[PDB]
**Q** 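Can you read through this structure? Questions will come right after.
In what follows, every chain begins at residue 1, and chains take the letters A, B, ... in the order their sequences are listed. Looking at the header, which is where the method is noted, we find X-ray crystallography, 2.2 Å. Numbering of ligands and ligand atoms starts at 1, following listing order. Only heavy atoms go into these numbers, but all of them, side chains included; no hydrogens, no water, no symmetry mates.
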Amino acid sequence: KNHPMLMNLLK
Amino acid sequence: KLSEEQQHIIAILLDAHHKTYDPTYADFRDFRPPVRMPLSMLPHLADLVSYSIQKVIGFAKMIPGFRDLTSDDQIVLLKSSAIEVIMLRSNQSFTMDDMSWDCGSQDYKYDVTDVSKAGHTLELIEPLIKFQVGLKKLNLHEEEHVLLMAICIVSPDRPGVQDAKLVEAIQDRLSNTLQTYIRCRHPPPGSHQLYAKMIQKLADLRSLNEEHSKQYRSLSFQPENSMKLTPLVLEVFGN
Ligand SMILES: C=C1/C(=C\C=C2/CCC[C@]3(C)[C@@H]([C@H](C)CCCC(C)(C)O)CC[C@@H]23)C[C@@H](O)C[C@@H]1O
C-alpha cells in the first residue's frame with residue numbers, strides 16, 4: 001500500500 | 001426527457017473536462033523533449049502520461065458522487081482506471097488521417113513508432129490503434145465522451161473495491177444519464193446501438209489495460225528504464 005502522491009492529489 | 005439532475009451531471013462533467021484537458025496542448029513544452037534519433041521517446045511520453053494522470057485525477061474528483069466514496073476506494077478506482085481514461089481522453093487528439101495523435105505540432109505528434117520508442121510492442125500498439133479508430137468512428141458528442149470517462153472511473157468490479165454497492169450506485173446514475181442522453185439528444189442514424197457500442201469500448205479497455213500492465217512490468221523491472229519514469233507514474237502503475 002501507501003500512495004502518498006495519489007492521496008495528496010485527491011484532496 | 002433528460003431530468004434536471006441528469007442535465008446537471010452533464011453540465012458538471014463538461015466543465016470538469018474543459019478544466020482538465022487543454023486543447024492547445026500548451027504545457028507540453030514543460031516535458032522532457034521528444035527524441036526520435038535505446039527507448040528515446042520514454043522520457044517525453046512518461047512525462048506526458050504523468051501529467052495526464054494528474055488531470056485524470058482532477059476530472060475524477062468532480063464526478064457527482066465520487067467524493068462520497070472512501071479515500072481507499074477512490075485510490076483503487078483511480079489506480080486501475082488511469083491508463084484506460086488516458087486512452088479514452090487521447091481520442092480527442094487522435095486522427096484517422098495518419099493514425100497518429102496530433103497535439104498541435106510535428107514535435108508533439110505521436111505515431112506507432114514513437115510509442116515503440118517508449119518500450120512498447122505491437123501486442124499493445126496495434127489493438128490500441130484499432131481501439132482509437134473504432135472510438136473515433138462513433139463520432140461521440142462531447143457529452144457522451146465525458147460521461148464514458150466517468151463511467152470507466154466508477155467501475156464496481158475493480159479488484160480491491162470495498163463498498164462495491166456504492167460504486168455501482170454512482171455508476172448507475174451515470175449510465176442512466178448516458179442512455180437517456182442518447183435517446184433524447186443523439187439523432188438517428190448515429191445513435192444506432194450507440195450505448196452498447198460505448199460499453200463494448202469499456203470491455204476493450206480492460207484488455208488494453210492488462211496488456212499495458214504486462215509490458216509496463218517488463219519495461220520497469222529494468223532500473224535504467226525505471227530511472228526514466230516519474231515518481232507519480234511509479235506510484236500509480238507500480239514499483
Ligand atoms: C496522453 C494523452 C495523449 C496521447 C496518448 C497516447 C499517444 C502516445 C502513447 C500513449 C501515452 C499510450 C502508451 C501505451 C502509454 C505508455 C506509458 C508507459 C511508458 C509508462 O508505460 C497510452 C495513450 C497514448 C495526448 C492528448 O490527447 C492528452 C492525453 O492525456
**Q** If you rank chains by how many heavy-atom contacts each makes with ligand 1, which has the most, and what name does UniProt give it?
**A**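 The chain with most contacts is Vitamin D3 receptor.
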**Q** At ligand 1, which of balovaptan, doravirine, omecamtiv mecarbil, calcitriol is present?
**A** calcitriol
**Q** Okay, with a cut-off of 4.0 Å on heavy atoms, which other chains neighbour calcitriol?
**A** B
**Q** With a cut-off of 4.0 Å on heavy-atom distances, which residues and nucleotides contact calcitriol?
**A** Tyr21(B), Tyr25(B), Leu42(B), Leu48(B), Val49(B), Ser52(B), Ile86(B), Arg89(B), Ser90(B), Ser93(B), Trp101(B), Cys103(B), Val115(B), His120(B), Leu124(B), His212(B), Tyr216(B)
**Q** Should you measure from each heavy atom of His120(B), which atoms of calcitriol turn up under 4.0 Å away?
**A**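 Answer, ordered by atom number: 16 (C), 18 (C), 19 (C), 21 (O).
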**Q** Can you list the UniProt calcitriol-binding residues of chain B with a heavy atom under 4.0 Å from calcitriol?
**A** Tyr21(B), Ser52(B), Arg89(B), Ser93(B), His120(B), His212(B)
**Q** How far is atom 12 (C) of calcitriol from the closest protein heavy atom, and which atom is that?
**A**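 That would be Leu128(B) CD2, 4.0 Å.
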**Q** Counting non-hydrogen protein atoms only, what is the nearest one to atom 22 (C) of calcitriol? Give residue, atom name and distance.
**A**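 Checking every protein heavy atom, the shortest distance to atom 22 (C) of calcitriol gives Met87(B) CG, 4.1 Å.
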**Q** Could you tell me the residue and atom name of the protein heavy atom closest to atom 3 (C) of calcitriol, and the distance to it rounded to 0.1 Å?
**A**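 Ranked first by proximity to atom 3 (C) of calcitriol is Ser90(B) CB, 3.8 Å.
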**Q** With atoms numbered from 1 as shown, which atoms in calcitriol lie under 4.0 angstrom from a non-hydrogen atom of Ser93(B)?
**A** 25 (C), 26 (C), 27 (O)
**Q** Distance under 4.0 Å to a non-hydrogen atom of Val115(B): what atoms of calcitriol satisfy this?
**A**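 The atoms of calcitriol under 4.0 Å from a heavy atom of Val115(B) are 9 (C).
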**Q** Is any heavy atom of the protein nearer than 4.0 Å to atom 10 (C) of calcitriol?
**A**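 It does not: no protein heavy atom is found less than 4.0 Å away from atom 10 (C) of calcitriol.
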**Q** Tell me the organism the entry assigns to chain B.
**A** Rattus norvegicus
**Q** Of all residues in chain B that touch calcitriol, most belong to which UniProt domain?
**A** NR LBD
**Q** Tell me the protein heavy atom at minimum distance from atom 26 (C) of calcitriol, and give that distance in Å.
**A**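 I find the closest protein heavy atom is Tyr21(B) OH, 3.3 Å.
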**Q** Note the single closest protein heavy atom to atom 7 (C) of calcitriol, along with its residue, its atom name and the distance in Å.
**A**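 Atom 7 (C) of calcitriol sits closest to the protein heavy atom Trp101(B) CD2, 3.3 Å.
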**Q** For calcitriol, list all ligand N or O to protein N or O distances below 3.5 Å, rounded to 0.1 Å.
**A**
unit_1     : atom_1 : unit_2    : atom_2 : d
calcitriol : 21 (O) : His120(B) : NE2    : 2.9
calcitriol : 21 (O) : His212(B) : NE2    : 2.7
calcitriol : 27 (O) : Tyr21(B)  : OH     : 2.7
calcitriol : 27 (O) : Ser93(B)  : OG     : 3.0
calcitriol : 30 (O) : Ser52(B)  : OG     : 2.8
calcitriol : 30 (O) : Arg89(B)  : NH1    : 2.8

